[PDB]
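This entry carries S-lenalidomide.
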Amino acid sequence: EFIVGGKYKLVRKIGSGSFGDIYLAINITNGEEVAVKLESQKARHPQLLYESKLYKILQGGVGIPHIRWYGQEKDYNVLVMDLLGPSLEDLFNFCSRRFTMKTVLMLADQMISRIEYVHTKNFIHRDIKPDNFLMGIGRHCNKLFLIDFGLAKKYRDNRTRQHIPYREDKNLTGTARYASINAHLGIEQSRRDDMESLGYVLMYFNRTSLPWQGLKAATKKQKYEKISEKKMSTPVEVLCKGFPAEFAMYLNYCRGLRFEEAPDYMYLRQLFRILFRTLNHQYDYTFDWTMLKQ
Amino acid sequence: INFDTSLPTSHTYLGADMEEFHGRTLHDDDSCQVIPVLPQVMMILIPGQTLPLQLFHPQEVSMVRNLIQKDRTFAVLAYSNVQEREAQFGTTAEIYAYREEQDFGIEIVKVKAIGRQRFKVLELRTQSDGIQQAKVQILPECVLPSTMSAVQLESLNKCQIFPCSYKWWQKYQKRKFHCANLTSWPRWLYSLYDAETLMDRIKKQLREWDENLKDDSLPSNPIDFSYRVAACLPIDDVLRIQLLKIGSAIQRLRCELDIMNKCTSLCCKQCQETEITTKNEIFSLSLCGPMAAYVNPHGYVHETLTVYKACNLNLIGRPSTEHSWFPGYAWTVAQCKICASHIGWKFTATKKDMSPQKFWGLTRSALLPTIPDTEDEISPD
Amino acid sequence: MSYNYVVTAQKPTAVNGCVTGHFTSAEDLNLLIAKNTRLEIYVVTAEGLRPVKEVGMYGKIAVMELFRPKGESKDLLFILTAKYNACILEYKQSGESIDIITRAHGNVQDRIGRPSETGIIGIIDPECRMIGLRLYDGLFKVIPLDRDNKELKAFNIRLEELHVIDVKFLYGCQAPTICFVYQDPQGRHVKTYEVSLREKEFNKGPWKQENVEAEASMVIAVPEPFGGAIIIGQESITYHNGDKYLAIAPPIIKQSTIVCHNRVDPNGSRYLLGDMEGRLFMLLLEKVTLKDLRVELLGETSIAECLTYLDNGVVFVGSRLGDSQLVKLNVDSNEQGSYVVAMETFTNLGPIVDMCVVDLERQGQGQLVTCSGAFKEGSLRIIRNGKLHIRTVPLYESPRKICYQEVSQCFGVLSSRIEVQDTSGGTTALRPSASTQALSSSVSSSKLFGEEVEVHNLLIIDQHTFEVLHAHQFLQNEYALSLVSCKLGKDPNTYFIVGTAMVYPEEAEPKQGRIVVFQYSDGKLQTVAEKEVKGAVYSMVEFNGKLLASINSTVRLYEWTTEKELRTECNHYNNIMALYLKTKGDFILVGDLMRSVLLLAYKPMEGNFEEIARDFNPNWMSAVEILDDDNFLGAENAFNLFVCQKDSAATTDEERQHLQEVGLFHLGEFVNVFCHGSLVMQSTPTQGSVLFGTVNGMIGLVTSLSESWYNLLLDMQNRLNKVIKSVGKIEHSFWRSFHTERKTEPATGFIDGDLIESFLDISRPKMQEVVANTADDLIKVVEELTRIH
Ligand SMILES: Nc1cccc2c1CN([C@H]1CCC(=O)NC1=O)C2=O
Ligand SMILES: [Zn+2]
């Protein structure tokens, strides 16, 4: 019944977002399965045209999905792209909200590289969370993809490499759970903030929960005042207690970066790679979920 | 090598047994006829070739119901320019099987047609209903006598019937073409225009593709043999149109042998330079040969060439058995690594005991026959 | 749109049939000879042959048989043409007036039918009750012989045996009985059938089906007192009379296939047998019953198509490949052996495989030099206008191509000979021949059983003496295809250029060939240059100081360098195999065996070829010629001629790359070569002169006319057809109609010069009937038209 781009028939809803929903679609000419992000024209929070533009710039990177078609069909804006596997949050749930140090470290390697690529293309993601990291399908089943570029912002000019100005008085962009301390203070986000958010994501897989997770308040404005103050009252050493020193080294490095300063991605990958070696682990792509399916 | 080559020809993925017709309709040679065209058919049909169709649109369904009551014959245009719907030639298609279904409150008609007669398009007229009719001229099939018929000595007439195949063919050529010494040319030249010799040269290449014997499977009539081979040659539309324009079986057989020898590589049509497979990987998984037309669930027809190995292809998704044209095999969409154009599907066995365990089905529309080294393209005869 | 005139310069000389009987009188012994469209009538005298009558027919004689039914004073003649015209003819003379009157006639073709592999077989019953014909497979056509069958009505009997090799009517049968050799999956068998005229079917034959030899090809019905039939194969000669079976396997007959016979004695005691190589044998039957069979090699004759015993040891040898002969046998005179002595020789130019026009003597009047015959019969023939004066040069091998080289005062001839494989490893010749008997010889430098091997050669033949000055032998498995004599580039020298192909039995298409440049100078042959190409060089033409060669489907232009080497200028890859190559100015005519005609133009400013026009009408094409810039003459299947035309003026680009078929004609001959030239001494009503040579040794001429001349002669034809008596009552329009088995179209764009010329031979009252719109005014027109040949 609902065909987009002249050849992609919608099968069923497989997700959602600020813009609208994500559907499983089938190419009626050959059986190919794709994902179709659908957004109402006259939607409260539009991002699909912006995402379509941002996927043009990011095309070529590994772990960056391929876009088939962007256009309109009825009263919707349509983004047709690669059908990817489950998110890290889906896999975390599947693994009973528990990941081994081997999974966290194999994931960490790919997550630094995925953010790094976006940064080489002059953009910051601003919504680093387990839900935006998805494993691929078939051939790409051990390849992790960073998706959802609706909050992505340019941090520097492509030719001059001039960094964006330092601002304060900014309302928080993205989820409060993995937001950096400076993003909470209203300070303008840059490369360092994507990296710091990644540290929270890893600590969240390490400890079932985060110290500021179970903090309830009536309104969202009150919900953040607690998270922000809990993040600031929690020393990195307290958050990372009982875990390898590398996790604290990672968060301390990121929080130590200057606004316009480039993260040393090699250093951060090396911290985890040297730890992985020390723990006598191999990069055999046997994750925790791989095992539950065995 | 144990699948059951009789399976793809049955088109079992289409469902329940269709209603069958026994009658046959043939138009007089050189006669002018007005025949309807099916709007979404994009294939270049060869006489004797099976064409399955799934018709969804009310206008298409209605047109077929009318044909099933009249002569059951529609015109299949060989499009020179598919975009502007340009055609100079084409082939008639006779419906021999049909099934009407009321799937999801909508009337759907599944059809099996066969290529009958070649034609020259004289006029194309789209009517006030949106359905178009073709004013056509039926192209005759040129049958020539033996090249020696006009050059044989009457005393050697009783030697023209003849009783290690190489030694046999050597004696065939010496006796059949003895009277070539009354002409300007040698025996070996006449052999190059001899139906039986040309068909035996083709059979040698067809045996390289399938282990079924000539004895039964392959026709004895040069016309039928030449059309059967033309239907399963993986060539582009420009070459297939030229092949369809041939009226003599001798010229058709010669032209096929030349394509079979020249075009050893098969590239992506969009890339033109990206190699997908070679003729050495071509094999028959169907009685028809290595390539046949199949219809998908939404009525898209693909002439699918079965090959053992293919390169420069990425697999999209996971395997599926849903609407599989080769029962017992699951399909996975295969795209070109460079341009991401759909090339075909990889077929993987569902049972461990099955052979082959894997192969590729490539859609003819996506491929481009290539001459190795550096040269253009030409089809002699 | 063309307006052409085709006339015979030389009538066919090849013999396809000969019969003896009492046709002219019940007292006279006759020799009737068929030379395709010609029938010759002779009285057999003690001295030789007395020419009595010579007639022409509007058909190709396929069957020619004499028969004497009940009540008839003398023999009648049954004739079946290749267009299925059947007729019964009678000789009638009153004083000096001779006339071949038509007793019965009719067309026996079927609207459905696969014309048989073994061709047309025409047999007449010994009691003259019927004519049996095997025209199509799975059918036997029967013409009942009655006085009330003037239309020659016939019926077909279904024949379960689809592959009939040979069939004869048996002698001593109460009912007409056919005896035949057939082939089925099991092999070759001999079967008999009775023929019911009442039931119009076959009944069980007098004797059972016998399993015969794998190569049994010939059936001979023995007359009374012996009866039965003789069956001849490759190794054996067997006799069958039912229960009686006598077999012989003479080693003398193993060398070559026996392909013709003739009865000597009326009771069938002796028979003459001829093989494919000219050997003449005597088959003897020792006698109520047959005691034994014997074969005797008598000697050598020309390769016989047909044999006929006349009387007093004299035998007429009908030849297609060589000269016909009258030979004397000395079968008796037992102190001396059995030997064949040639009494007379009769010129046969056929087959003419190639020819060239040379102004050898008069320096005004042209002479024709042909490549005639095949095998031991191979020769050169020098044809001049006197009747036609013909000089013969025996080669004893097959001449294939010929070109004249004025500078060196010689001809270049490509020839071939058969050699047999050795026990020692090599090949041995069968006889000395021109290529093994040259005064000087040379061989190409090589690289890297009893089976026949073809050896190819270039002969240098002196234009005065016709002596083989030099013979150059090509490589083993090298087939010489094309020959040219020309000057190239800025080189003052004239060369002989040979285009070849390497032929191996395992390879279907030639992947190798050579272009060899030779120089014949200071009485010596040298190899100047050699280019190795990736295919067969089918044709070559000198093209404006360059060499245009066709290598398979490619047309390549070579330049001759100052380093005396061929340098590729340009190539043109064709949709067709470039078999035929012709050039006029910067225009090139490329054709194939299947009548694919292509026109190309050399673009000197681009240095490449451009296609001008094409025409693809699948039919077998044996020859092609450029008449002028706009017209192309070809020879195509079922002995036809055609003319194609271009229209360089046309408003549309589809029209100007299309060749219009403007002329169609059933010649009745198979053309091998078209040649621009004239044999006559160089305000005329004709334009141009294209001579042609045929398989039957016929030489014709094609010339162009004006619309006025064409329209006049066309009306004149329709008038002549109403007054001229056609032997067998065959219509001229039917005869000249373009013919193939699939189509028959009336002739267009061609005037039958032979018909026009026959106005001069018709009587004065008949001449006046034609000119009834003044007969002497028409005689002037016709005499002017005879002057072109
Ligand atoms: N299931 C489904 C949905 C939409 C299109 C298509 C399909 C299956 N398929 C093809 C795949 C290869 C095959 O062997 N048979 C088919 O029919 C399609 O082209
Ligand atoms: Zn490609």
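The order of the sequence lines fixes the chain letters, beginning with A. Residue numbering for chain A follows the PDB entry; the residues present correspond to positions 10-303, in that order. Numbers in chain B track the PDB entry; the residues on display, in order, are 47-209, 219-436. To match the PDB entry, the residue numbers of chain C are left as they are there, and the shown ones run 1-287, 295-393, 709-770, 782-1015, 1021-1111, 1125-1140. Note that ligands are numbered from 1 as they come in the structure, with each ligand's atoms numbered from 1 the same way. Just so you know, these numbers use all the heavy atoms, side chains as well, and skip hydrogens, waters and symmetry mates.
Counting every copy, the structure places S-lenalidomide at ligand 1. Here, the main chain in contact with S-lenalidomide is recorded in UniProt as Protein cereblon.
Other chains in heavy-atom contact with S-lenalidomide below 4.0 Å, by letter: A, B. Counting heavy atoms within 4.0 Å, the binding site of S-lenalidomide comprises A:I35, A:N36, A:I37, A:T38, A:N39, A:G40, B:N351, B:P352, B:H353, B:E377, B:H378, B:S379, B:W380, B:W386, B:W400, B:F402. Nearest non-hydrogen protein atom to atom 2 (C) of S-lenalidomide is B:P352 CG, 3.7 Å. Nearest protein heavy-atom contact of atom 19 (O) of S-lenalidomide is B:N351 ND2, 2.7 Å.
Of all (S)-thalidomide-binding residues UniProt records in chain B, the ones placing a non-hydrogen atom under 4.0 Å from S-lenalidomide are as follows: B:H378, B:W380, B:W386. Regarding atom 1 (N) of S-lenalidomide, its nearest protein heavy-atom neighbour is B:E377 OE1, 3.5 Å. Looking at chain B, most residues touching S-lenalidomide fall inside the UniProt domain cult. Of the protein's non-hydrogen atoms, A:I35 CD1, 3.6 Å is the one closest to atom 3 (C) of S-lenalidomide.
Residue, atom and distance of the protein heavy atom nearest to atom 8 (C) of S-lenalidomide are B:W386 CZ2, 3.4 Å. Source organism (PDB entry) for chain B: Homo sapiens. In the deposited model, no covalent bond links S-lenalidomide to a chain. For atom 11 (C) of S-lenalidomide, the closest non-hydrogen atom of the protein is B:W400 NE1, 3.4 Å. The contact set between S-lenalidomide and A:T38, taken as ligand atoms under 4.0 Å from a residue heavy atom, comprises 19 (O). Taking only nitrogen or oxygen atoms, main chain and side chain alike, B:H378 reaches within less than 3.5 Å of S-lenalidomide. In this structure, the protein non-hydrogen atom closest to atom 4 (C) of S-lenalidomide is B:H353 CD2, 3.6 Å. According to the deposit, the name of chain A is casein kinase I isoform alpha. Counting protein heavy atoms only, atom 14 (O) of S-lenalidomide is closest to B:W380 N, 3.0 Å.
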Every pair of nitrogen or oxygen atoms between S-lenalidomide and the protein that is under 3.5 angstrom apart - can you list them with their distances to 0.1 Å?
residue	atom	partner	partner atom	Å
S-lenalidomide	14 (O)	B:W380	N	3.0
S-lenalidomide	15 (N)	B:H378	O	2.8
S-lenalidomide	15 (N)	B:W380	NE1	3.4
S-lenalidomide	17 (O)	B:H378	O	3.1
S-lenalidomide	17 (O)	B:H378	ND1	2.8
S-lenalidomide	17 (O)	B:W380	NE1	3.3
S-lenalidomide	19 (O)	B:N351	ND2	2.7

